[PDB]
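This file shows Aminopeptidase N complexed with Bestatin.
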2 protein chains.
Amino acid sequence: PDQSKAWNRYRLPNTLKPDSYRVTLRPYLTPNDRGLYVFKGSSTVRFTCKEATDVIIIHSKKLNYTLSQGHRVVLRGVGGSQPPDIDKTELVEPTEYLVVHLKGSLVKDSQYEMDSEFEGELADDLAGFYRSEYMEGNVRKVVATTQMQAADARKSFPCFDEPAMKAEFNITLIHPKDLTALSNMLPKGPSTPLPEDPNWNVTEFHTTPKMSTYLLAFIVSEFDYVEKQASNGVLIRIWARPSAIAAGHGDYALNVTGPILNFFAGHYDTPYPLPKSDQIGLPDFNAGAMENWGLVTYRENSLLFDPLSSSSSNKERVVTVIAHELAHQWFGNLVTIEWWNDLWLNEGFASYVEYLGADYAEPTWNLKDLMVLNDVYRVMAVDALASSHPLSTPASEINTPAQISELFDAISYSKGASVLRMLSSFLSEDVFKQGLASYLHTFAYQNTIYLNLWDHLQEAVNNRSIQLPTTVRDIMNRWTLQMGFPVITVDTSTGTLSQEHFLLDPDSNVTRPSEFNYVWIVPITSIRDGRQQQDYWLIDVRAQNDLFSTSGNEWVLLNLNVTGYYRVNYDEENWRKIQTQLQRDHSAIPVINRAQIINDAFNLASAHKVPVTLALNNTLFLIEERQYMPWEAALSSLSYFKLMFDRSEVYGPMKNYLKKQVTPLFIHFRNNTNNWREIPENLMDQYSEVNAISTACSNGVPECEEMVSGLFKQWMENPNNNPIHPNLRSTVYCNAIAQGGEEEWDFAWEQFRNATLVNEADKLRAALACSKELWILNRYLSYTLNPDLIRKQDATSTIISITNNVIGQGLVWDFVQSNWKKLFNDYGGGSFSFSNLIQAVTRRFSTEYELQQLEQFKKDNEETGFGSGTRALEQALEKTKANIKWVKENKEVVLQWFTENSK
Amino acid sequence: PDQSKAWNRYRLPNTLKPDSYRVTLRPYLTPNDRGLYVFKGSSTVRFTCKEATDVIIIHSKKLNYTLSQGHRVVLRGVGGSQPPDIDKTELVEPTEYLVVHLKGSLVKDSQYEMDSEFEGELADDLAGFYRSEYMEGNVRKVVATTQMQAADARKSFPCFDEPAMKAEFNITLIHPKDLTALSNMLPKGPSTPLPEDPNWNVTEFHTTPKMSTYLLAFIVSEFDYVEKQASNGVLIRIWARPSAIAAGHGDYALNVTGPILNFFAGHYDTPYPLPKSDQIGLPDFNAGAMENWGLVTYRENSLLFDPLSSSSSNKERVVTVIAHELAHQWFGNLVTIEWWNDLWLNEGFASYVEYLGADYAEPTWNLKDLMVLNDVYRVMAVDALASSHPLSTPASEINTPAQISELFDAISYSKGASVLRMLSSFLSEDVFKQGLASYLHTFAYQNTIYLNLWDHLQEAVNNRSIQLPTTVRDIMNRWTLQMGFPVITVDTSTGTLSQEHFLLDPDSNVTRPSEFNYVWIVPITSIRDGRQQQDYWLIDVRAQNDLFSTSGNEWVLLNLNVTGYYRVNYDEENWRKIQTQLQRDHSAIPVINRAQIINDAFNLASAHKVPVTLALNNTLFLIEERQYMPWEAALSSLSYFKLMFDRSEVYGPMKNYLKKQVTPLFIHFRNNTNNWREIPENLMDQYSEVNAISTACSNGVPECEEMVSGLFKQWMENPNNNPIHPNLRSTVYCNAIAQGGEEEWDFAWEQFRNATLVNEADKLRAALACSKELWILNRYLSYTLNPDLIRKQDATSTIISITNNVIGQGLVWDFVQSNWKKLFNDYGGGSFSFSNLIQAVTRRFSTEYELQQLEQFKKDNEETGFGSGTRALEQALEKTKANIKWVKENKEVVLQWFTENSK
Ligand SMILES: *[C@@H]1O[C@H](CO)[C@@H](O[C@@H]2O[C@H](CO)[C@@H](O[C@@H]3O[C@H](CO)[C@@H](O)[C@H](O)[C@@H]3O)[C@H](O)[C@H]2NC(C)=O)[C@H](O)[C@H]1NC(C)=O
Ligand SMILES: *[C@@H]1O[C@H](CO)[C@@H](O[C@@H]2O[C@H](CO)[C@@H](O[C@@H]3O[C@H](CO)[C@@H](O)[C@H](O)[C@@H]3O)[C@H](O)[C@H]2NC(C)=O)[C@H](O)[C@H]1NC(C)=O
Ligand SMILES: CC(C)C[C@H](NC(=O)[C@@H](O)[C@H](N)Cc1ccccc1)C(=O)O
Ligand SMILES: CC(C)C[C@H](NC(=O)[C@@H](O)[C@H](N)Cc1ccccc1)C(=O)O
Ligand SMILES: *[C@@H]1O[C@H](CO)[C@@H](O)[C@H](O)[C@H]1NC(C)=O
Ligand SMILES: *[C@@H]1O[C@H](CO)[C@@H](O)[C@H](O)[C@H]1NC(C)=O
Ligand SMILES: *[C@@H]1O[C@H](CO)[C@@H](O)[C@H](O)[C@H]1NC(C)=O
Ligand SMILES: *[C@@H]1O[C@H](CO)[C@@H](O)[C@H](O)[C@H]1NC(C)=O
Ligand SMILES: *[C@@H]1O[C@H](CO)[C@@H](O)[C@H](O)[C@H]1NC(C)=O
Ligand SMILES: *[C@@H]1O[C@H](CO)[C@@H](O)[C@H](O)[C@H]1NC(C)=O
Ligand SMILES: *[C@@H]1O[C@H](CO)[C@@H](O)[C@H](O)[C@H]1NC(C)=O
Ligand SMILES: *[C@@H]1O[C@H](CO)[C@@H](O)[C@H](O)[C@H]1NC(C)=O
Ligand SMILES: [Zn+2]
Ligand SMILES: [Zn+2]
């Protein structure tokens, strides 16, 4: 399309800026004659002309307009302005605009109003204003609900749909008189009967604060709720299907929501300004949750909790997701990104601050620690590629909804959180939260870029007379504007340190230039024989300091508790001292640093910076490790080995090794739990237990295989009296299905179809993918695609579980190659992303044959395009090339190591 | 290359014709300095010039010449002829010629001699003069041995290497004095010491009869033998490695060989003319056996037999292969094909006549009957394709060694045998063998084409005043010169019959024209309610006769005992009467016709001539069938269903159905064998038992799974006291490995590596491919390629066993696509063929995705070419296209049928 025309460009003009809107929406929750569920609406937007223009460009997606006064819209003056007549309108589909061509130009610094009347489908597509469905007995319940993030508000009413186009919104919902209407604000006065039809109520809501379009929510349902006024006076309600509320499954959410909201208000010295915060769980929802201001939406598995059937991991998911959503009330809603390229200002903050909130609510769980695994190490895998991207991408590169959706990724979330964790560490949280309070106060009801944050943190540093090697901006720009992270290499003979950009493939091509030269300013903490030393700042590529020199028996480790976003290598002598320490008394090294030593060495090995046997040697001590984290870090790093080797001669010896390493831990838990009758008191110990069972069974410990098959058989014999503790269900179900046959599978499928608890359905859905029978996986694949059997929101998640199974690899890859066009249409756009699927189906690739298929897949589908999976495909090509070389270099030494160390 | 030059054309000129040869060969059975095993030789060929020519074109492959008198060869006169001087010689590699360019022309009807001195590698390539190796303790034994068929005599000495170039051969072998030299004939006088080195003996053999080059054999070994003069005065010796002979493992061969030789000499009224017939078993051999005149070579599994460890199936293999080889002494050696396009004159005859000989030796086994399964139904699968070929291909189409090798296929062997079985049936064997005696007498020491056979059968018909609807030639040309076979469709309402060319795909393109219009002259036998009717000849496309009309309860079946090479369809009413008969008393229908009803209906269903449920309904009675053959025919037809469905939702219900159908038979055998302590007396009942066990275990009968895993465990606990009867070992080993894990696999691999019995090694080698673990199949694939672990002769056989496993499908197909060039070099030419591998890896293909891979595989390797697998690839493309359509048309009805009938 002609790029010279503004209506063919993806960013809105700067010529017009909205002030406020009124919107009336009326969903029809029964099908029409055509069998369509529809909504009808109207809107008036009041806006200011900032520069003279003869066109109104406004977003509109899948809306049909009712003609009024001869055109798609009516344009009126405000405060005496006299707008031109409308010539014609057009709908421009690629850029998603309604374009109003005028017979003259609007006047600079004048206001106007535009009125529209429209209709859209209330589709089951989880996007915009859409329908969710559930059964209560044999009665079909239909719910009208919304998901605007990022660019779907325009699919519900015409609007200037970019996050810096903030406005007040005056919402009216027209709905069946028996159903409750909900929105961001509370109702304004009473609901009144619709004049034309008293079977409907008209419910107007109070005006919203100035806010972004992507945060609006409109819901019509017959949900029930529980409620409690929080200690800061805000009303909290937890809303869900009536049976869930009556069963008490909203009670845990009610226990934690208000207290976390009040905690954040205190911690950041910034009140929550709205009269209420509703939490609502939807049967059909395409994310964990969404932070709509005043009406936070959740999938059921992230909000509801059944103390008798949900696991401790499920409970942890509920409190952390609630905390993340509530964090956004400050970081996202009150203060909002200027544009999506800086998404981490919303998502990095919510991902970090969620742990502070969850830790407040559950102080005995020690959750803050899990950031090392869930954030730092999660994102370092992709951030070690040449095809990663900076935390803050240049704004001019992010234009289309696909490019926007793509940024909701491990960089924006987990690297955002890691960099904030690092910053808080070197500033102290007291100084950090002081700068944040200032940031929030200054930019309340406005939009920010990354520089605005640094300015306010600088203000706090300057007030506290904190001395840093340079300004906050210059330290943090290194971590924000260029991709990747450094490996810091220590020579303990001389006390020298040096840094370089860590790349998993040495022979990979960094094409994105950095004005920072891939050199960082790095805060370095360290310990010497377990005692913390003075902090150090590495400002250059290399330095020397006696802090890093050792003699005699001494060892040093850098990055205490992995507060910093960097990996560490040492000379081989220091590594040997570390390995000696792990054999002598592993408890002398902080638990997070035991995870670090394992995870760093495996990644260093991939990068050819240490021999692979060094990384494998670092797992030897695990035979007597009882802590969750070091085991989890090892299993996560060895996941790569499984992906590379589970179709090869190396796999037997690998499984033999893991069997040996985990057996004493499995036996410890068997004894300590009084033969699986009890679960450990401590949360991390509960997680350690689950990992010991999972690892024991996956790798062939016979006592584990007997245990899980026995428990599952006992359940089959007593379907309504499940004997398996909730914590153990995922792993018992998966391993019992893997060990069993068609009869176990069919039992679990019927339990899934009949499930009344979402946490229970989820565990079964994953377990069913554990079948070793190809014909069963093929049949299951066909079910994942049938929305009457597996909810559309769960289709790609289940397909990923199938491809993770070694027997499902060929099946799913061939399926994806053969069906890309149709798949892309159904689960690749709108509220959906195919990024996770591309990543999962390709991560085993380690052969030229598979690389050629992947290259051909790219070529064959270049025209369809890959939308929000574009970068995942580039990353898959890079990783596959690295994998071919790594397998060639490592397969013999790894086979020999596992063989020689598993006996 | 320039096609105008005779040395660039594949067929020899007709200008020169050999009379006799002397050849001296000296193998060196220890490596030289270069590490090469070599042979050195000399030859003189005496030949007649038939038309004046200035070039001698003679075959030569991988031979290096020692210059003599200034050139590669010396040309001398005979009987006063005066040959021109040699200008120069060249070796032309594609056509495999030594080309001797002369300074003038040879004279028509004059004789000449050409002398050569040469050297070749005694390679481990199983072709020409090659080396075989075995260990006796820690001593490496090296054997020089030969395989000339079809076009490798030229790889041992220069010769006019085409089968109609018959000559006498005077062989001398120079060999270590301690080793025995063997050839076609007996030694001529004593062995004498080599003058230059008395550590070697020189052994000259008597002149051969006039014979073809592909039948020559030269062997040097320290084998031992057992011997017996046969009743026709011919000396028989069975030669093998000393340990096998001492163990008595040559004894069964000695029991059967002479008696079968004498039987054939009597039956065909034609003496075997040579003084001896040696049978020799080689450790390295690329076929079942080879019929060299006077020195028949065998792989060990086809000649040796251990009564304490070989199965009844193994014993049947030995007698039938010996019988096949001995049949060739008449059909192939005494009388020889003019050219390879008429190969069935050798191979069709040996494949049919083998049963007559084996039945003579083992009259209680009823083997002749197995022709229906092993010949008729084996070949009808490929002969129903548009890409099949006639029994007698036009001679001008068969030129290269690849094209020749390709003809050693189910058409030349099994269709050849089926057509001869049909001919014998309509003539009577008395009249058949009378015409054959005449054929053999007339063409002894000469070469024939298919017309020569008809002429001699006609002579017998005319002598006996047999009346046929036309001449033997005109009846049999229909079965010989066009591909395929008819389906005869009966309308029992009206007594009408009609025929059409049977094509598995209706939408497949027959491109090879037939001067016979794909119309046959068909001898039709029939039964009515079990009573045989008068015979009928269908000479036209349609006819009417009251023989084929029924009324009331009567049924008719055509093709009693399937003597004729045709399929039969009926109107649905007659089919229903047949199905009623099978429910009432299945024994009222001859056993071979129970197999026919099943096999025909399944093939008819594929061809869209009956509904698939009709073919499935024909298997219902199997629940009370105890006979081997109908079960085997059903399992063979349902193999297709397994290939189409074992990666689909249909597979569960299919296995459930087979489980139901086989359980009573399995329980019958469990009881009748006194819990597997005994085996049945009757051979077919022994085979029925094995099939019941195999089918029960494959489809999940729990008593079977427990039985096999129990027996295998008992063996592991007592390795030197195997508790599994030899008949049961293949199926017990495979199913125990499938049910087990790494420990069962490793035990069987060590048993394989340590095997001293070839029959035992073979069963283990197949069983190891039954692992359900992808990593284990991948590791095993790597072993198949290592000649130190699996003998080169067994590499592709083992790869085929892996691809037959559903879990091995993707593995092997991806391997074949990725490694075609190297694979083609190693196992695709010379004595090797890749035809079986192409057929096996592609037979599951039923998707557009797989078709596209196959088409791309063809394109990608068009330049490498596909040699003797060319037609198998064309057939795979045709079948894959048919399979995609068949699965689409049948998957729902088949799923429903198996589901509704398995309960
Ligand atoms: C959404 O609802 C809000 C709140 O009711 C509306 O804001 C109100 O708008 C009216 C009319 O513009 C304001 O009164 C006027 O103020 C202007 C100054 O701009 C003055 O010149 C006029 O004489 C008149 O008094 C009123 O103050 C304002 N209320 C608040 C609390 O801001 C808003 O107009 C609605 N937007 C739409 C598109 O319906
Ligand atoms: C292979 O060995 C055979 C058998 O020893 C050789 O056949 C013999 O060849 C000689 C010499 O040609 C024959 O004698 C001659 O016969 C011709 C008639 O063609 C006559 O004109 C001469 O006066 C002379 O007597 C001899 O009959 C023949 N023996 C037999 C049994 O056929 C043959 O030559 C050898 N071939 C080679 C290439 O060494
Ligand atoms: C627990 C949280 C991860 C839940 C919630 N998640 C999200 O907002 C993302 O998953 C987004 N739903 C991802 C996305 C954006 C645009 C188009 C398609 C998909 C959030 O608050 O960030
Ligand atoms: C029991 C018999 C099948 C044994 C024996 N078989 C054969 O001769 C064939 O298998 C041939 N060995 C096939 C062949 C021919 C040319 C090049 C490569 C392979 C035979 O006598 O026909
Ligand atoms: C919008 O109009 C299109 C084109 O006529 C029609 O197909 C579609 O159903 C309409 N949408 C609704 C919700 O009525
Ligand atoms: C919520 O808190 C109440 C009161 O402390 C407690 O009894 C209940 O167990 C809590 N619910 C959950 C799910 O922890
Ligand atoms: C810094 O101190 C000034 C002067 O007291 C105060 O007004 C401001 O709020 C402080 N800023 C921060 C970020 O603490
Ligand atoms: C791993 O440990 C083994 C055994 O102690 C040792 O021989 C080897 O050197 C270690 N690997 C490295 C890279 O240090
Ligand atoms: C034949 O000559 C070629 C070319 O010199 C040589 O490489 C090969 O080894 C020779 N073959 C034998 C058996 O000596
Ligand atoms: C060969 O025949 C002898 C004598 O009849 C018999 O004892 C022996 O069992 C036979 N060998 C085999 C393997 O059948
Ligand atoms: C046919 O009969 C003639 C005359 O007796 C006889 O010479 C010839 O051998 C016979 N041919 C056949 C094929 O039986
Ligand atoms: C197969 O048998 C079923 C059940 O008797 C019958 O309903 C069906 O018609 C049969 N199929 C055919 C093709 O006759
Ligand atoms: Zn978020
Ligand atoms: Zn043969």
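Chain lettering follows the listing: the opening sequence line is A, and each later line takes the next letter. Chain A is numbered as in the PDB entry, which gives 65-967 for the residues shown. In order, the residues displayed for chain B correspond to 65-967 in the PDB entry numbering, which applies throughout. Keep in mind that the numbers below use all heavy atoms, side chains included, and drop hydrogens, waters and symmetry copies. Remember, it's 1-based here, ligands and their atoms both numbered in the order they're listed.
Taking every instance into account, the structure holds Bestatin at ligands 3 and 4. Other chains with one or more heavy atoms under 4.0 Å from any atom of Bestatin (ligand 3): A. Counting only non-hydrogen atoms, the option in A:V385, A:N410, A:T384 that gets closest to atom 1 (C) of Bestatin (ligand 3) is A:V385. Counting only non-hydrogen atoms, the option in A:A351, A:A391, A:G396, A:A353 that gets closest to atom 5 (C) of Bestatin (ligand 3) is A:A353. Shown in contact with A:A214 at under 4.0 Å from a heavy atom are these atoms of Bestatin (ligand 3), numbered in order with element: 16 (C). At the shortest separation from atom 22 (O) of Bestatin (ligand 3) among protein heavy atoms lies A:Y477 OH, 2.7 Å.
Below 4.0 Å from Bestatin (ligand 3) sit the other ligands and ions ligand 13 (zinc ion). Filtering the residues that UniProt lists as binding Zn(2+) in chain A by heavy-atom distance under 4.0 Å from Bestatin (ligand 3) yields A:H388, A:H392, A:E411. When A:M354, A:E389, A:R381 are checked for heavy-atom proximity to atom 21 (O) of Bestatin (ligand 3), A:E389 turns out nearest.
Using a 4.0 Å cut-off to heavy atoms of A:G894, the atoms of Bestatin (ligand 3) that qualify are 17 (C), 18 (C). With A:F472, A:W404, A:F349 as candidates, the residue nearest to atom 15 (C) of Bestatin (ligand 3) on a non-hydrogen basis is A:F472.
Checking the UniProt active-site residues of chain A against Bestatin (ligand 3), the nearest by heavy atoms (to 1 Å) is A:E389, 3 Å. Residues flagged by UniProt as binding substrate in chain A that sit under 4.0 Å from Bestatin (ligand 3) (heavy atoms): A:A353, A:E355. Residue contact check: A:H392 has heavy atoms under 4.0 Å from atoms 21 (O), 22 (O) of Bestatin (ligand 3).
Taking every heavy atom of A:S895 and a limit of under 4.0 angstrom, the matching atoms of Bestatin (ligand 3) come to 18 (C), 19 (C). Atom 20 (C) of Bestatin (ligand 3) has A:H388 NE2, 3.5 Å as its closest protein atom, hydrogens excluded (heavy atom only).
Remark: minimum distance from atom 8 (O) of Bestatin (ligand 3) to any protein heavy atom is reached at A:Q213 OE1, 3.1 Å.
The binding site of Bestatin (ligand 3) (heavy atoms under 4.0 Å) is made of A:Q213, A:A214, A:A351, A:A353, A:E355, A:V385, A:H388, A:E389, A:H392, A:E411, A:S469, A:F472, A:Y477, A:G894, A:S895.
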